[PDB]
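Right, one structure below, let's go through it.
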Amino acid sequence: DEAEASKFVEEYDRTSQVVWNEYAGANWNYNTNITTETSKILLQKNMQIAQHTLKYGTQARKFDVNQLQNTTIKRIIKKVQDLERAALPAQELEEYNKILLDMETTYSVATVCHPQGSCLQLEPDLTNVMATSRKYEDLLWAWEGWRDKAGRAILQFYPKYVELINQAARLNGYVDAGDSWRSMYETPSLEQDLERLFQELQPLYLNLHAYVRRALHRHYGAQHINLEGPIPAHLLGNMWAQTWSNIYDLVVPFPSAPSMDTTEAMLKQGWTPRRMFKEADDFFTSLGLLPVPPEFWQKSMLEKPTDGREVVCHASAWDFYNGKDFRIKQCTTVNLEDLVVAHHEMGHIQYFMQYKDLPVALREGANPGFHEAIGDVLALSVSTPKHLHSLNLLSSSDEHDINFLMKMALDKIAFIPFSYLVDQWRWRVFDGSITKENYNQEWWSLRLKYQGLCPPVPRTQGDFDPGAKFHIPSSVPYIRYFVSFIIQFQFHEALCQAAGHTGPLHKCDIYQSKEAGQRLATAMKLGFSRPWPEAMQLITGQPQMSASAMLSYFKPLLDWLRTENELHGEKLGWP
Ligand SMILES: *[C@@H]1O[C@H](CO[C@@H]2O[C@@H](C)[C@@H](O)[C@@H](O)[C@@H]2O)[C@@H](O[C@@H]2O[C@H](CO)[C@@H](O[C@@H]3O[C@H](CO)[C@@H](O)[C@H](O[C@H]4O[C@H](CO)[C@@H](O)[C@H](O)[C@@H]4O)[C@@H]3O)[C@H](O)[C@H]2NC(C)=O)[C@H](O)[C@H]1NC(C)=O
Ligand SMILES: C[C@H](N[C@@H](CCc1ccccc1)C(=O)O)C(=O)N1[C@H](C(=O)O)C[C@@H]2CCC[C@@H]21
Ligand SMILES: *[C@@H]1O[C@H](CO)[C@@H](O)[C@H](O)[C@H]1NC(C)=O
Ligand SMILES: [Cl-]
Ligand SMILES: [Cl-]
Ligand SMILES: [Zn+2]
């Protein structure tokens, strides 16, 4: 009995390595070269992996995991019993694969055109408009045009996708796809736990929101900003208003303090995408963590091809399940925002390398939020003024300190409500609370409730603004990012303590700390082998998610914001 189970998991492991490697290859070849041909081969590797999954999954279900002694084998088998989409009947599976492809392709190739003028892609053209334009109408053109072309085009697919992903979930024992996604945390209290964390971050977010609102009122005019209302969603420097640091220049706390736009210095000093990834590689090895293999530099796609290929630009990190081949696919622009993204992606690679010797079933983060957090933790240290000066991107006070904390808050704090709301919407869609008649309206009620944003153009029939955000057509869960943004501060706090930092958490730089590296490595090596609180304990010395570290980091800014907002009589929040 125990021996039949051990044999099954050995067979699953050897066979999955091969099939998954093949699938990954075909997926890569489509994502880096969208053609009718690579599309065909991919829809076919889809059948190969589904047949494997069905064969092994059917077998795994014949085991009574109740009767199994060995906890590693019990866990693998329990996981393999979940077939995901391979539980679907053939016709439904083919239909589902095709909608997924059609949605991701639609998003990745959408353009927004001036009439008898040029057509702009999201990366880089529209991204650059939203980051740099300070003209209401130009921002509006890009914000609305993107939703009209990408969002509206996804709407035709999305009800059918919901039906099929929910069907698959039920066939694997869940009540709907959102139940199956939440299950990845193995935490029955997840919903409650996440709300509590979100509530802890409200003082900070509301004070940041009010401060930024006031600054936007100063630039865009009184007739366009209601000081007691939501902020128009196209003014925050980002297509989704999910991060706000591109409007730092409008909101600087101490504009008299000498400053140097990082992005401008990178370009002035001839940085390239390769240099950006090498810098990240260097931070990892400085910690005693693993270097990316030679193969990574040969095979990765670190900038947008200029050779006529059409690609999925949206940055991602890829494991080919052979313990040797790891790659990033990103349409990298030379700027600080993408340096942070590069670190993020390099964290995923780091995780893949750390757990490469586990059985493939356990080759995941402790929970999905841990996978997202690793690269972000190193990027916190990278972003410090001291570290950017060491890279020759900054030439150099309480003034500079508050300025820095505001720059950081515009990314990290502004993202909290956005990252919370995405799957609050999708969970309700999947559980049937939001129908296709109310997709958009319910999105905007959440955008208002959590972020305090309004749409600058009233939405109409046929809009499907969630479709204009990559993870929606791509079927990538989002709550991981909310988790990540909380826990990355816990990890920074712990690692700073392990490295012997004293003084304010925000002045920590863990560059070259082997003590910090070792903490991270022990945790990453666990993969998915143990309940996530064990990885949390290895890093932090305690088992809980907690907002305390993020609050600690930002406390000097909280104080500064409260004093500033009070001085101007701001009314926090909106109706
Ligand atoms: C429950 O089952 C798990 C899984 O077992 C593994 O998979 C099964 C399907 C089957 O094929 C098993 O035969 C197979 O082991 C057991 O967990 C594994 O436990 C062993 C320990 O017996 C671990 O082995 C380690 O492997 C390292 C890398 O190859 C190796 O370097 C380690 O040794 C190090 O320590 C020695 C001490 O002598 C020292 O010389 C060095 O410091 C050296 O490097 C060590 O042998 C596996 O890694 C575990 N595998 C996984 C995937 O977790 C588990 O023990 C079992 N539970 C019970 C109660 O028996
Ligand atoms: C750029 C990044 N791309 C995602 C791709 C995820 C993915 C997953 C599965 C298949 C295809 C793509 C990731 O690396 O987690 C991303 O979407 N985000 C999120 C986002 O931009 O929405 C916020 C996260 C912090 C830094 C960058 C991270
Ligand atoms: C893109 O795919 C086409 C069709 O499969 C193939 O012939 C071509 O060589 C590919 N281009 C690159 C750069 O790989
Ligand atoms: Cl939107
Ligand atoms: Cl997730
Ligand atoms: Zn990620």
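This chain uses plain numbering: 1 for the first residue, then up along the sequence. Whatever order the structure lists ligands and atoms in, that order sets their numbers, starting from 1. Values below: all heavy atoms of this structure, side chains included; hydrogens, waters and symmetry mates excluded. The header says X-ray crystallography, 1.5 Å.
- Among pleconaril, ramiprilat, tamibarotene, the molecule seen at ligand 2 is ramiprilat.
- The macromolecule with the greatest number of heavy-atom pairs within 4.5 Å of ramiprilat is, in UniProt, named Angiotensin-converting enzyme, soluble form.
- The shortest contact between atom 7 (C) of ramiprilat and any protein heavy atom is with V476 CG2, 4.1 Å.
- Heavy-atom distances between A315 and ramiprilat reach below 4.0 Å in at least one pair.
- In chain A, most residues contacting ramiprilat belong to UniProt domain Peptidase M2 2.
- Residue-to-ligand polar distances keep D376 apart from ramiprilat: every N/O pair is separated by 3.5 Å or more.
- Organism of origin for chain A, per the PDB: Homo sapiens.
- Where the criterion is an N or O separation shorter than 3.5 Å, residue side chain and backbone included, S316 fails it with respect to ramiprilat.
- Contacts with ramiprilat closer than 4.0 Å are made by side-chain heavy atoms of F470 only, the backbone lying farther away.
- Bonding summary for ramiprilat: no covalent bond to a chain.
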